[PDB]
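Structure first, commentary second.
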Amino acid sequence: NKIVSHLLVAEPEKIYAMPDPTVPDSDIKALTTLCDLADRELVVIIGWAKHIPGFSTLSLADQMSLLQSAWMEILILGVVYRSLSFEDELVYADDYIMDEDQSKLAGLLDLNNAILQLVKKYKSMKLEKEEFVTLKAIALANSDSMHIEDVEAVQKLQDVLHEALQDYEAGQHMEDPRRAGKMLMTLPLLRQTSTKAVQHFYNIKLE
Ligand SMILES: CC/C(=C(\c1ccc(O)cc1)c1ccc(OCCN(C)C)cc1)c1ccccc1
């Protein structure tokens, strides 16, 4: 499926977190490290969104609305995929892998354990890189914003990406004719973790 190939080649290069080595470890350092990593990931996510077919043909407002509603889900799906080959550890970056102790010290134990629940499920499903890049595009298109202008166009985008997933799964996993549906059913947990994380992100006043 062409869309998948396209998403695969438009996939952004790895970003380093570069935690400040002179700063003592604390919950503030973790939050600062993560706060700066996401900022840079966000800039790249925008450049990546423009590669999704049909996306840059939406109005500017509609483009913002989607990103503004899906940014956290996308950042979270990334750390999750980077962590599939690990155990009880989240790889925010190659130079910033958080274990349970660091999560506790960061006051993110509950949140990270929820991100680990997502990872646990995808490991079980043997989530391929192709499904990762597509699910990420879908999460953006299906972000459920309230301020979309052209609802038809956004639903259109949703459909072309959904079709790519369905098509990919139809040819790569003939052994499971319901894989695509299983993949779509992992989205609720993603939405759930994302909204809870966004909540925390505001309680902390990050901005
Ligand atoms: C779960 C870690 C995280 C962020 C994160 C998620 C995925 C990823 O790849 C990198 C970081 C996080 C932290 C800050 C943030 O704000 C950006 C806006 N400001 C900093 C300009 C977004 C996500 C976070 C979110 C809310 C509170 C505390 C931590």
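What you see of chain A is 235-441, where the numbers are those given in the PDB entry. The basis for the numbers below is simple: all heavy atoms, side chains too, and nothing from hydrogens, waters or symmetry mates. Read the numbers this way: they start at 1 and go in the same order the structure lists the ligands and their atoms.
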Could you check ligand 1 and tell me the drug name? 4-hydroxytamoxifen
Of all chains near 4-hydroxytamoxifen, which one has the greatest contact count, and what is it called in UniProt? Estrogen-related receptor gamma
Among the UniProt domains of chain A, which one holds most residues within contact distance of 4-hydroxytamoxifen? NR LBD
With respect to atom 9 (O) of 4-hydroxytamoxifen, which of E275, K430, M332, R274 exhibits the smallest heavy-atom separation? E275
Provide the number and element of each atom of 4-hydroxytamoxifen under 4.0 Å from a heavy atom of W305. 22 (C)
Determine, using heavy atoms of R316 and all atoms of 4-hydroxytamoxifen, whether some pair is separated by less than 4.0 Å. yes
I need the source organism for chain A from the PDB entry - what is it? Homo sapiens
Ignoring hydrogens, just give me the one of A431, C269, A272 whose non-hydrogen atom is nearest atom 5 (C) of 4-hydroxytamoxifen. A272
Using protein heavy atoms only, decide if any is under 4.0 Å from atom 24 (C) of 4-hydroxytamoxifen. no
Can you check whether a protein heavy atom sits less than 4.0 angstrom from atom 20 (C) of 4-hydroxytamoxifen? yes
Just curious, which residues make up the binding site of 4-hydroxytamoxifen with non-hydrogen atoms under 4.0 Å? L268, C269, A272, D273, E275, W305, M306, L309, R316, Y326, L342, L345, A431, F435, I438, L440
